[PDB]
Asker: 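The structure's right below; bear with me while I get my questions together.
The first residue of the sequence shown is numbered 1, and numbering continues consecutively from there. These numbers come from the heavy atoms of this one structure, side chains and all, not from hydrogens, waters or symmetry mates. If you're wondering, the header gives X-ray crystallography, 2.3 Å. Counting starts at 1 for both ligands and their atoms, in listed order.
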Amino acid sequence: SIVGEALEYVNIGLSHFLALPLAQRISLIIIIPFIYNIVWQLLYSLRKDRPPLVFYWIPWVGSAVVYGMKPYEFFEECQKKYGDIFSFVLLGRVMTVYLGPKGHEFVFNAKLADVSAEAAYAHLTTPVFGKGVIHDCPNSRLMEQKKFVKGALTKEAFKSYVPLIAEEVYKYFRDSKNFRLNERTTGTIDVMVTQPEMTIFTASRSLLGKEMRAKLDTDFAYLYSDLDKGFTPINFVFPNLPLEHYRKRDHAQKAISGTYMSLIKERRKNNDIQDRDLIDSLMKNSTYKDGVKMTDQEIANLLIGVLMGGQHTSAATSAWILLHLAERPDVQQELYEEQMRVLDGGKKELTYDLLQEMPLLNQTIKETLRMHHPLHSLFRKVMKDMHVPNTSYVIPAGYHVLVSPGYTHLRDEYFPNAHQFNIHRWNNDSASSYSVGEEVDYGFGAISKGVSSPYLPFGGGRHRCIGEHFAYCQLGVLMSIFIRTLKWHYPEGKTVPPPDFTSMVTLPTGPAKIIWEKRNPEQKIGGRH
Ligand SMILES: CC[C@@H](C)n1ncn(-c2ccc(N3CCN(c4ccc(OC[C@H]5CO[C@](Cn6cncn6)(c6ccc(Cl)cc6Cl)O5)cc4)CC3)cc2)c1=O
Ligand code: HEM
């Protein structure tokens with residue numbers, strides 16, 4: 001009646017194991033985690049208190065490759081097999097996806113104690129922006145930082161930004177190799193080259209001021225390029241690794257934040273603090289509610305973050321607008337007529353107020369943001385176990401929740417013929433967004449309380465975007481001028497490119513070229529160059 005001899009043969013087996021040929025021991029260190037992985041998923045599939053988990057062959061990697069290459073195609077397959085809630089493994093992490101408007105509610109209105117955005121995002125952005133701001137600080141600091149920035153983003157600021165943004169667009173048509181409208185009447189451009197330059201020029205001039213704008217004409221512009229490089233999904237797994245890419249980024253962040261602090265300390269020294277730009281504004285208005293002031297280093301890091309966020313979402317969006325309009329001369333024609341009616345055939349300077357009298361222009365932005373949400377996946381790390389309403393599912397702490405309003409933007413159920421670009425689906429509804437009812441303030445102004453809208457380009461809840469009006473202002477001036485100045489179309493046989501879902505924003509797969517030509521070949525842009 002001896003089990004003792006079994007326990008001996010366990011120990012013997014462990015010892016015979018350790019003495020295997022190194023060819024078999026490498027094999028086992030591969031085959032036994034592979035076998036265990038399959039065994040674990042099958043067992044996992046039994047738990048009725050967990051959403052279904054998408055099956056995967058490679059441990060740790062998970063569904064990373066198919067999710068990254070074509071996330072909306074991934075989501076649609078999963079939705080057919082499992083419905084709206086399902087999980088998948090992604091480079092070590094378990095992501096729980098909740099598709100559709102209830103998904104929006106579940107994640108964007110999640111209680112602050114249940115989930116954390118900074119725990120999800122901190123590695124992605126802190127290396128790039130610097131310490132102390134955005135996701136490298138507690139939520140209540142973030143709430144107030146959004147309040148400070150929003151304070152420079154008022155109707156009266158937009159009124160003064162508009163002629164500044166217009167000036168930069170015109171100087172870019174005049175001076176850029178891509179255009180030179182005083183010398184050339186037609187030409188070819190890559191919109192992934194032109195739009196990121198146009199966006200940084202206009203955002204700099206209006207948010208940072210003319211000094212910082214002036215510096216973009218120098219070799220300082222190269223540091224922006226270097227810091228721009230460090231803004232990549234790979235920071236999610238490799239935020240820091242001793243290589244040259246990471247070294248230029250860190251240098252750039254120091255060099256750029258140094259330049260902003262130089263200006264800040266310069267302005268405080270001369271008492272030269274007005275209401276020109278966002279720098280003036282944060283100098284006057286960056287004291288937290290427990291009395292602590294933001295440092296000059298933190299103020300500068302915040303400027304980098306604001307500028308970098310606006311840079312990528314807006315540049316991609318104007319690239320998409322150009323690309324969709326290039327095959328739709330009917331829409332270009334209709335926008336041109338609205339410009340002629342609102343601006344008296346051009347005998348009226350563009351103002352922020354007149355921009356609000358251009359519904360078709362704003363509907364074009366709205367519709368581009370529907371087809372091309374710059375951020376396909378928004379994340380939160382789960383901090384406490386969460387019950388999913390009307391289900392038996394519990395999402396345990398340590399999981400991530402993923403919400404994807406850009407996926408819902410492309411469903412026929414909520415947008416008839418969702419794959420078709422149509423600015424007229426927004427007729428009599430051209431506002432960037434609006435709360436369908438009740439509102440709430442998390443620290444940075446009253447916003448919509450419900451987040452169930454199928455259309456959520458700026459998200460919702462406490463992490464809701466605050467740059468929506470600035471983006472529309474910027475994109476509006478830009479497109480108003482393109483339309484009044486140029487017609488454009490595709491090279492023969494070219495059409496809208498598919499999105500690049502592996503970058504930070506869903507920008508077009510390039511080279512994405514359009515051919516432009518002047519509406520008025522003899523028109524000249526004045527000023528010195
Ligand atoms: C390894 C194999 C390969 C095939 N693969 N396998 C998987 N993937 C992959 C997966 C996921 C993703 N991403 C794309 C980027 N994405 C993402 C990027 C930025 C982001 O930002 C959310 C927060 C933080 O940044 C901002 C962005 N922003 C918002 N408005 C303007 N910018 C932000 C907020 C505030 C401020 Cl001040 C700045 C910034 Cl940047 O909001 C959220 C998600 C996550 C998924 C990419 C590739 C791959 O490429
Ligand atoms: C087309 C332009 C833009 C789009 C579509 C967009 C979209 C978004 C979205 C979806 C979020 C929420 C992210 C999340 O919930 O995880 C967000 C957050 C945010 N965005 Fe934007 N954005 C745009 C432009 C801008 C601009 C121009 C600025 C700055 C002026 C800006 C600043 C911010 C800030 C400060 C947050 C808050 C992040 C947080 O609270 O955690 N965005 N944006």
Asker: What drug are we dealing with at ligand 1, do you know?
Answerer: itraconazole
Asker: Per the PDB entry, what macromolecule holds itraconazole (ligand 1) with the most contacts in this model?
Answerer: Lanosterol 14-alpha demethylase
Asker: I need the residues around itraconazole (ligand 1) for a figure - heavy-atom cut-off 4.0 Å, please.
Answerer: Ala64, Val65, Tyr67, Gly68, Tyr121, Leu124, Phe129, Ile134, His135, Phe231, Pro233, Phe236, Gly305, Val306, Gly309, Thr313, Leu375, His376, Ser377, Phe379, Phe501, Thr502, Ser503, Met504
Asker: Are there protein heavy-atom neighbours of atom 1 (C) of itraconazole (ligand 1) below 4.0 Å?
Answerer: no
Asker: Please report which non-hydrogen protein atom sits nearest to atom 42 (C) of itraconazole (ligand 1), along with the residue it belongs to and the distance in Å to one decimal place.
Answerer: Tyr121 CE2, 3.7 Å
Asker: Look at atom 43 (C) of itraconazole (ligand 1) and say which protein heavy atom is nearest, naming residue and atom and giving the distance to 0.1 Å.
Answerer: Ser377 O, 3.2 Å
Asker: Which residue and atom name correspond to the protein heavy atom nearest atom 20 (C) of itraconazole (ligand 1), and how close is it?
Answerer: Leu375 CD2, 3.9 Å
Asker: For chain A, what organism does the entry report?
Answerer: Saccharomyces cerevisiae (strain YJM789)
Asker: State whether any protein heavy atom lies less than 4.0 Å from atom 11 (C) of itraconazole (ligand 1).
Answerer: yes
Asker: Protein heavy atoms: any of them under 4.0 Å from atom 34 (C) of itraconazole (ligand 1)?
Answerer: no
Asker: Is any heavy atom of the protein nearer than 4.0 Å to atom 26 (C) of itraconazole (ligand 1)?
Answerer: no
Asker: Could you tell me the residue and atom name of the protein heavy atom closest to atom 9 (C) of itraconazole (ligand 1), and the distance to it rounded to 0.1 Å?
Answerer: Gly68 CA, 4.0 Å
Asker: Check each atom of itraconazole (ligand 1) against the heavy atoms of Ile134 and keep those under 4.0 Å away; list them by number with element.
Answerer: 37 (Cl)
Asker: What covalent connection, given as residue and atom, links itraconazole (ligand 1) to a chain here?
Answerer: none
